[PDB]
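Tubulin beta-2B chain in complex with crolibulin.
The sequence lines are lettered as chains in the order written, beginning with A. To match the PDB entry, the residue numbers of chain A are left as they are there, and the shown ones run 1-275, 280-428. Throughout, chain B uses the PDB entry numbering, with the displayed residues spanning 1-437 in order. In order, the residues displayed for chain C correspond to 1-102, 144-151, 159-166, 180-247, 252-362, 373-384 in the PDB entry numbering, which applies throughout. Note that chain D is numbered according to the PDB entry, with residues 6-27, 44-74 shown in order. If you check the header, you will see the structure was determined by X-ray crystallography, 2.5 Å. We count ligands from 1, going down the list as the structure has it; atoms in each ligand are counted the same way. Contacts here are counted within a displayed part of the entry, not across the full deposit. These numbers come from the heavy atoms of this one structure, side chains and all, not from hydrogens, waters or symmetry mates.
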Amino acid sequence: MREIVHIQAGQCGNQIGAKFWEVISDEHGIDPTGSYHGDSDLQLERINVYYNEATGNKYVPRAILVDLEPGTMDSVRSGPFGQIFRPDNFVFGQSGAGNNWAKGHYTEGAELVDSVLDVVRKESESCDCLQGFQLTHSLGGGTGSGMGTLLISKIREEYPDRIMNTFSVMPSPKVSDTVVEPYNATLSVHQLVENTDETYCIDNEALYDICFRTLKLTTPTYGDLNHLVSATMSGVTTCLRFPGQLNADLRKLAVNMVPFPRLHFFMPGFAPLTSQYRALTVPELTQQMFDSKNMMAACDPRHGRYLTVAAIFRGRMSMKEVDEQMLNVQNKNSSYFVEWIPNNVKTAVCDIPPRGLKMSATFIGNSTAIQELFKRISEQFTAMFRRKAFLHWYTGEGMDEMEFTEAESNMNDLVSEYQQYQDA
Amino acid sequence: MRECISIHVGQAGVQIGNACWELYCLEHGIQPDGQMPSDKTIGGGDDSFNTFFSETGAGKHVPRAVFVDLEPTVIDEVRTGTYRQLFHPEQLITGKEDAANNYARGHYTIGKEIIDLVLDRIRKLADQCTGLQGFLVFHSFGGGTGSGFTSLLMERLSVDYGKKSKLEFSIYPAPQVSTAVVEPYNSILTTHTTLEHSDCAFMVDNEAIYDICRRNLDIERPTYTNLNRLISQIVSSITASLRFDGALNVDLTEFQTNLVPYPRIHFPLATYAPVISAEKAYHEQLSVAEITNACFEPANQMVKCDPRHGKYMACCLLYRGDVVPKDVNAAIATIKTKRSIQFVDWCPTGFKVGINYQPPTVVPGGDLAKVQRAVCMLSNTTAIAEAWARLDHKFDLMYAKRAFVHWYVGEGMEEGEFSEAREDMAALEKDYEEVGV
Amino acid sequence: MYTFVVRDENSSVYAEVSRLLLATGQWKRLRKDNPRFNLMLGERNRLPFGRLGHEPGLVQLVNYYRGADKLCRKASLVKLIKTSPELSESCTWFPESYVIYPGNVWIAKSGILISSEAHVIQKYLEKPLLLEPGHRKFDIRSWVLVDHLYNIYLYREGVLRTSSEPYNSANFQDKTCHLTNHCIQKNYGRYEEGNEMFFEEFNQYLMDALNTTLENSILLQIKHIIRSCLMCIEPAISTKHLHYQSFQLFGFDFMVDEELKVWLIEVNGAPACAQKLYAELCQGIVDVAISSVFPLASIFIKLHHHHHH
Amino acid sequence: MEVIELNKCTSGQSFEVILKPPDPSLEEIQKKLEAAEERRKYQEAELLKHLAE
Ligand SMILES: Nc1nc2c(ncn2[C@@H]2O[C@H](COP(=O)(O)OP(=O)(O)OP(=O)(O)O)[C@@H](O)[C@H]2O)c(=O)[nH]1
Ligand SMILES: Nc1ncnc2c1ncn2[C@@H]1O[C@H](COP(=O)(O)OP(=O)(O)CP(=O)(O)O)[C@@H](O)[C@H]1O
Ligand SMILES: Nc1nc2c(ncn2[C@@H]2O[C@H](COP(=O)(O)OP(=O)(O)O)[C@@H](O)[C@H]2O)c(=O)[nH]1
Ligand SMILES: COc1cc([C@H]2C(C#N)=C(N)Oc3c2ccc(N)c3N)cc(Br)c1OC
Ligand SMILES: [Ca+2]
Ligand SMILES: [Mg+2]
Ligand SMILES: [Mg+2]
């Protein structure tokens, strides 16, 4: 259980996907040409998880780069770390998906999916022990959403026994490309409830609010939102990437976090929220990573209960002080955990801090309060679908209304299922 | 003499294995390369220590050990570590994919595809034995491999060695040093499936050991290394009688006779004293009276429970160091008056005593100070049922909601195996209460 | 903020201890099955002591001593007094009691048979002490609080549970003059309110009719019997060096005979506090047994006597 | 309190002190290991059938 295959699909997928490779490459001491120049040996002990070793002692991300249009992928090559990616692993169409799920999933996307799978297969073949896949994408457009979910379906057919992990950016009217975002996101969630083991809900509403309210940025850009996303992605992959004493993998993440197969949508958290000089104290990190204002999914965790929780502290600190602070919230806020999963909070500590910060915490919560995110997309869906508004973009690609009713129903079902366990 | 085979399953099994074999080698004067200078019979022997070590012509002393882990990272540290020359690679068995803290995946899925191979390496060891006694099996309750693969081996050992004794050293799960949320599930399942296959089981609560390391060794945050060096001392006390000259607990059969009259109720409580910090500048050495008394303090038990609220079926006192019987009896007299040591009506209120004049060996640069005398008590007390109740209650809070069950069913295991395993454990709790009140 | 749970409904005393605890602003009550408490206020039967003291980062207290049942059942009290060297078979302050399983007047109990003909048979006190005017029987009830360090605290307020009918020699079957409970007696309240005389008035009656005080005539013997009983079982039930901690409120029941000798009748493991007194006692429980272990932001006489021999 | 069965040697001594007197077959295992692989293969069939739809 060692190699992870990373897929990044569409504009958002390839943008947050690009940042992640810039951030971890710098943590593992890999340079914009793929040459090691670090100091610590810790930086190479589990490098194999995210990198292939090539000729000349080069490190090549196990990264596949997908888009139906050539634009954003020429931007990745242009961009600061663009030379590190295996060139045979860029796969792109010409016509784009135009924010149309049906085009991603069923027409334009169908034509391209087979040639992405071939690159996936190629990466899977020269893997000593594949743990599975992590995909970066938005649910709000056509390619990341529609073609990303088509790929997930096809990877599961060919690899039923490997783990499927997503970083899934939810759309917000506060960062809106188009009115059809709730449509593309509802169709995409149905796919994600059936065919992923773990999904990190990166809510664009949350990223915006954190940038406006709790960071005093009046006009947040995708650059600002993505800074928070790449910090979270660095955080939640720390234990996959570095030794040790946890030695985590994607299956053990799944077994420990998901008590019911459908309830695998994680509320990620980060502390301290940046865009410092004073390092935070362990109690500050602890209070902040459990605070609403620090979650990357716009949900009130006081409206729900935590089923499971994983926390990763980075820097130099007493594990004793981490333990004490992690038991202090559990023993003084027991109402907001379920009594019927004993010892449901797990803490881990890594000595290597992220770039800039001296100590940081990353939160991963399977909270029933995630329902508020799905209900919000449901309501934006119903407000259009009840007048069949903007459907013709989807019927014109061969979709029926039926398939919209089905995706509406499966998302209201997911919301009830979260409700069930909030009152139990 | 009669040979014993030690099987270490999972990370806990294997790391505890390493500590035990480190200590045995120091106790017997065997070096990391496996040469035993004090041993005058070269290429063989029917000495007591030969029950645990085989011998080669070139004069190497080789543990009668099998190490099994479904993943390689932990047994790889044995292969590349201080005691690499000691073991034969055929004894160190690793898969690739671990059980991901899943009983079902350790038993049914990844189990079925490695059992036949382990049994074969076990059989090669049995074939170098003149008169095999049976097996010492080290494992966690909590790991998918420790739980699931262990219970599969114990079924196949029962079939392939019906005559032979099977003893367990089991690590009972503790939230303070815990891997997975599903340890309760894995713990019940492996108990149910191992119950009828095990003759005597020595449970160590990781909570009890962790606290003994906090309280008595002044370690803020104890590590598996600290825990394992202490556990290996208790394990050595218990197995001393198999590896040295004496007349108490001399073969595996006698462990059952002396400690388990009622065969399902076969979990003896280990109590150990004294545990003294090596950092500790000034230490007044404890007497026989003081260390015997320490055996009835719950804070020194391998499992936290109250022996005052339950009945004894057996009590063995295993002394190491400067101890003579008159001091032992004087101590037992004093303590009878001052304490609540109720036995069952159909058992003699009696202590079986073993003394070995060699004090405990400590690992150099270890945490445990050298002492003039130490003792390990083995009481079969119904009070240990407290550990079953605690574990069973945790199982019930999660199973009531079928939480994580789908992870086990997804490997071919049925829901019913859970209720079945839990009913067996409900029966064991009742067995303990009839006998205990 | 500390945390507690309730698992005893009928408990009037821990109803009030719960109420006082909430109304403090530093104590949240949780649901009955929530494992992360500081204090448990536990059920009368089958209390799961095995589960206590295993929760990391939590010091756990419970309001019962495990094995204190042996002092509280009639069947085991008798057996405890007959088989303990510290309370001998020839113990001066326990009425001769016997166990056979399903002046020579006796009484049987666990429907109460008093005859010479006909559970535990007990020597019945043919000549007890009678309050004038009345020629009528009573029983004294003292509330004792054993904390986590096994300090023994007597509450300075007890109470008499009086009859209201002339006690009778030849008439045994009749149950309102012989037996001086509270439930069987509800001439109800003719002489004193609710059949409940208190320590001030009983100290006065004694001074006027018997010239002695309550301290001298009765309370010295009470303090000896409470001390004898709880120091007997201290080795069995003490939670010193244990992974959880116990306290418990006990109610001791006593009789006074004509020559002013104090006998022990029963020890009550889940006792009911008298209506007027609840306020003071329940605040005491909290001050001494609970705030001692869980500090925030004397109504008790402490029992100890080390005579050197 | 009577000290019985005392045995001495040069490494130590042992004695008893008394205060007061008073498995299924290979067939059945390979059977149920296979019944669970048949439940495991069915579940994976049902999954492929559903992905074909
Ligand atoms: N005392 C002690 N307990 C250990 C040790 N290693 C693991 N444990 C405990 O064992 C349980 C976890 O099981 P492991 O032995 O790590 O798992 P495994 O058998 O390797 O199984 P998988 O990795 O799940 O395939 C937890 O209760 C841990 O606290 C160790 O070296 N010493
Ligand atoms: N040996 C004896 N001599 C005289 N009176 C006795 C007696 N034994 C019992 N009694 C009387 O009967 C009553 C006994 O009540 P008992 O203690 O048997 O049960 P109970 O349920 O009332 C316990 P509690 O009163 O503490 O709630 C007392 O009021 C007492 O006067
Ligand atoms: N956080 C974040 N969101 C993005 C980014 N780019 C686009 N989005 C969002 O993603 C959705 C549009 O999807 P996009 O990835 O551009 O569509 P596709 O390229 O056709 O898959 C909308 O909800 C946008 O607000 C980005 O770089 N970061
Ligand atoms: C603390 O960070 C992570 C935890 C886990 C996952 C896991 C692994 N590997 C272990 N063994 O147990 C848990 C785990 C998660 C939650 C809980 N409650 C538990 N017990 C996986 C990863 Br990846 C972690 O880092 C992100
Ligand atoms: Ca030899
Ligand atoms: Mg766009
Ligand atoms: Mg393991």
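In this structure, every copy of crolibulin sits at ligand 4.
Other chains with a heavy atom closer than 4.0 Å to crolibulin (ligand 4): A, B.
Within the 4.0 Å heavy-atom cutoff, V313(A) counts among the residues contacting crolibulin (ligand 4). Taking every heavy atom of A352(A) and a limit of under 4.0 angstrom, the matching atoms of crolibulin (ligand 4) come to 1 (C). Near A315(A), meaning under 4.0 Å from one of its heavy atoms, crolibulin (ligand 4) places the atoms 1 (C). Which parts of crolibulin (ligand 4) touch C239(A) is read off a 4.0 Å heavy-atom cut-off, strictly below it: atoms 25 (O). Restricting to residues UniProt lists as binding Mg(2+) in chain A, the heavy-atom distances under 4.0 Å from crolibulin (ligand 4) involve none of them.
According to the entry, the name of chain B reads Tubulin alpha-1B chain. Between crolibulin (ligand 4) and the UniProt GTP-binding residues of chain A, heavy-atom distances under 4.0 Å are seen for none. Residue contacts with crolibulin (ligand 4) for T238(A) are absent, since no atom lies close enough (heavy atoms, distance under 4.0 Å). With a 4.0 Å cut-off on non-hydrogen atoms, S178(B) does not touch crolibulin (ligand 4) at all. Near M257(A), meaning under 4.0 Å from any of its heavy atoms, are these atoms of crolibulin (ligand 4): 15 (C), 16 (C). Within the set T179(B), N165(A), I368(A), the minimum heavy-atom distance to atom 11 (N) of crolibulin (ligand 4) is found for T179(B). If you look at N348(A) next to crolibulin (ligand 4), the close heavy atoms, those under 4.0 Å, all belong to the backbone.
The shell of residues lying under 4.0 angstrom from crolibulin (ligand 4), judged by heavy atoms, excludes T312(A).
Checked against a 3.5 angstrom limit, the closest N/O atoms of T351(A) and crolibulin (ligand 4) fall outside it. Distances shorter than 4.0 angstrom occur between a heavy atom of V236(A) and an atom of crolibulin (ligand 4). Residue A248(A) touches crolibulin (ligand 4) through backbone and side chain together, judged by heavy-atom distances below 4.0 Å.
The heavy-atom binding site of crolibulin (ligand 4) at 4.0 Å consists of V236(A), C239(A), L240(A), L246(A), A248(A), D249(A), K252(A), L253(A), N256(A), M257(A), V313(A), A314(A), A315(A), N348(A), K350(A), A352(A), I368(A), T179(B), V181(B).
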